[PDB]
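Working notes, structure below.
The alphabet sets the chain names here, A first, running in the order the sequence lines are given. Heads up, chain A uses the PDB entry numbers, so what you see runs 1-107. For chain B, we keep the numbers from the PDB entry: what you see runs 13-35, 38-242, 246-369, in order. Note that chain C carries the PDB entry numbering, so the residues on display, from first to last, are 32-174, 191-461. Order of appearance sets the numbers: ligands from 1, and atoms from 1 within every ligand. Method of determination (from the header): electron microscopy, 4.0 Å. Side-chain atoms are counted along with the backbone in the values below, which use heavy atoms only and exclude waters and symmetry mates.
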Amino acid sequence: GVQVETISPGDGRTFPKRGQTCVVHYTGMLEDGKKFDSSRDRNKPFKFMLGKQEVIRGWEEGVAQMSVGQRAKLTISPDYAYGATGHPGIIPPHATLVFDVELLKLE
Amino acid sequence: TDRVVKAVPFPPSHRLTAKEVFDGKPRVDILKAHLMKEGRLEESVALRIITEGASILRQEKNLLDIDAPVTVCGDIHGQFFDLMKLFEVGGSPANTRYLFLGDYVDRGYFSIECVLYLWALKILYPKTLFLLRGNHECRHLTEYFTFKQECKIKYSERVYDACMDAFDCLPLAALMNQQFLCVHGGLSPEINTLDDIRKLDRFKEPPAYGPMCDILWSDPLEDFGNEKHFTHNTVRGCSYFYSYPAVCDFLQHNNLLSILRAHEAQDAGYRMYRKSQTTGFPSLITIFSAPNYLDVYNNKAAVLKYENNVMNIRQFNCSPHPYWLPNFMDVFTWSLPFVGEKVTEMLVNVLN
Amino acid sequence: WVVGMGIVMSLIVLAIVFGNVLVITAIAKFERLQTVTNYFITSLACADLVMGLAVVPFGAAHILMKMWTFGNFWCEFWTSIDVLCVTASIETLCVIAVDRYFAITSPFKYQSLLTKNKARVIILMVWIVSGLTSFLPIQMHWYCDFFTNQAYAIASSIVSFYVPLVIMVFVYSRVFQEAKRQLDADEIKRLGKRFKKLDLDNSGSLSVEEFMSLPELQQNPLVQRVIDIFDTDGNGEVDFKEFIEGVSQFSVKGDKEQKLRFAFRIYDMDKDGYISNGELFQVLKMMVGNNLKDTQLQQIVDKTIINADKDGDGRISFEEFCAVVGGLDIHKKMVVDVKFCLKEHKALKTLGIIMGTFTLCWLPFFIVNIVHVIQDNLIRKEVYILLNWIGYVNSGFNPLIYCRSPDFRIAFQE
Ligand SMILES: C=CC[C@@H]1/C=C(\C)C[C@H](C)C[C@H](OC)[C@H]2O[C@@](O)(C(=O)C(=O)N3CCCC[C@H]3C(=O)O[C@H](/C(C)=C/[C@@H]3CC[C@@H](O)[C@H](OC)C3)[C@H](C)[C@@H](O)CC1=O)[C@H](C)C[C@@H]2OC
């Protein structure tokens, strides 16, 4: 499913709310280390509304555990990931993912 | 509907076809001013240039011999807009002699343009520029990463096949000034004498073992200043390490000075090692010449110059370049499987 | 009198040639009109040029010149070409109605059983056998004014006008008794109940401000675009007459063409048929928000369009769209559990006024002559030219009714 293996934690007083928007910087990967996307390729972060289904369910179940200013190393199994259908052009069917999401600020 | 934002240049659409790219020197200034604007060439012209460059390279020996004034460089990894900066900070190819070391293609969005420009300039100048083969000029490696997709999207696959038949014949030793030795990676314990690397053939895909796959894949030790030839590697998992006694023995058995490299990317762009007590010169220098590798490290680069028995090192800067989607998508395949989900969700929400 | 009545006839040739032609031009010009029921409409227009030129005006010479100098060398010939105009037009009108009937009663059977390459063979089969009957006494002379004794008039009445005006008015009475059932069968009342439940205005007018009142839809990035694709009547609000069609555009029995066309219409902004740089920038900017920069979006759009042009004008059309997108399997991702395909009934009130005008006008002559054949004869001996001219006008309006249809209308303005 979804796993969390913290790399370098920090403060944990503040947690994301039910319907607020987070800002993250992430560096996608695959199982063997090849990279296919980044939020540092372009110089602008990612934003998404927690609780609604516009991000894959792995993020929506995992990112809520971390707090302000922590890095991690997620692991999205094929269930919560793009699944057997996958995506055309990048992710083959039945493909594990390994992100590097590091929450930055909370709005 | 003409244009929404007008502060960006427009890519020219007409592919040049032997119009002014050939005169038998091929034109260079037009190649500059046309490839800097993301234009394209006709397929026949590309095949012509690549096959002529391969024909020139075919007859080259397996160990180059060069005179004194040279300007060694590092690997590039297909960054065109930094290759231009390198050519501007160094000399013009008419006035100064070069020697490239590293790979030319993989892990970038402008491999084909860089290889076209370099091979054309080698066709024009056949004696004042030399190239060396790296680890990223094989079949499996360029099939794995983003090079096959480049040739299949921007050009035809015939270009890619000809490009492989072109990479097949490069040299791999690059002796220089009868004093140094500039190989891409590192030496191997199974190779002992300079004459030993004058017999092997390099006209095929490298195997998984032997001197051919140990020259291009080896690495130096990362714990210098330790205790006591062929310790295995971990990060690459394909070749061998080597220790300071091995380097000293190789430099004493045959009269040389040092060895140069182009793998280990560094935050400073260059880093020497401990000086050899026999002569006082350093024994290993690592050169990296691609700023902002993978757009993450945020490091400088460097280019080494050599003249008048003075070894000085010059630094380098960054430069911007345009944007492409990962794996060369197009907006229709980029945003159809979002329109589908949104439309279906809205309809199911409204009809119930 | 003389000059003025000549003016009416001269305008007539001009109008028939004009209207019979314009349809020919639109069908040949666009490739979206190459349906299975747009080649038979072209046969009707063409048997409307032939009687649009050789036959209408020669009769016109006879009005007052009292004799035709074309002479016997072919003056009787005119009589053939005239009787191969009513007898083809009536057989092509009867095919149209029996085939709309087979498609509508069971859509799947017509949908897959026959192909365009067989239709041209059926229309060629219609015109010439009709020509064969007419030519038989046109030279046999079993019989420039035309007379016969009793035989050929009866034979002509028994074959072309009477027998076709029986079959063509019966199968069409089926298409009309077995097409009003699907419009109200236990399922097109559910959406009606939903309509009555949803309209707060209580006026049958669902405006965009009224759909925005739903709770879980007030955040969807693209609602205006879809509601404007539904807005076919082009006034800014949705009514029941088009809501059913919009929903039925998605189904389980639908095919690739309509779903992929609808996916195309999301990007296109003014129904013109061409995607421009501004359109493929605005439609995407709304769906991307503020994660990418602006200049990067512009550059990737430029590259997509440059790799998409195969015609050189700088814009992309539907065929190039299919070339680029085809192979992503979008047809399976758009599905709702609604079960009805109201696509056949899209055009059955314009391929049906024609099966009426062609019967309400040339019916009197055939009726009148068979009476004139009888012993009783009024002082109306000049009426044969008073009322068998009524007809040449009919072929004139056969393309006039078609401008109501949207596909023809875009070419008609163009
Ligand atoms: C412009 C129009 C699209 C619009 C795109 C952007 C805002 C630009 C944004 C940087 C996307 C990137 O574009 C370069 C790129 O990001 C990836 O590289 C990626 O790291 C990824 O997996 N991400 C992005 C970061 C959040 C998690 C996940 C995601 O939530 O993606 C979501 C996603 C694709 C949902 C799918 C939809 C299909 C369902 O079947 C599936 O359900 C299982 C879920 C994103 C948020 C959607 O909202 C897409 C959009 O809104 C994908 C590998 C491919 C994706 O391009 C498509």
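Picking from tipranavir, posaconazole, azithromycin, tacrolimus, the molecule at ligand 1 is tacrolimus.
Bound to tacrolimus with the most contacts here is the chain that UniProt lists as Peptidyl-prolyl cis-trans isomerase FKBP1A. The letters of other chains with a heavy atom under 4.0 Å from tacrolimus are A, B, C.
Residues of chain A near tacrolimus cluster mainly in the UniProt domain PPIase FKBP-type.
The deposit refers to chain B as Protein phosphatase 3 catalytic subunit alpha.
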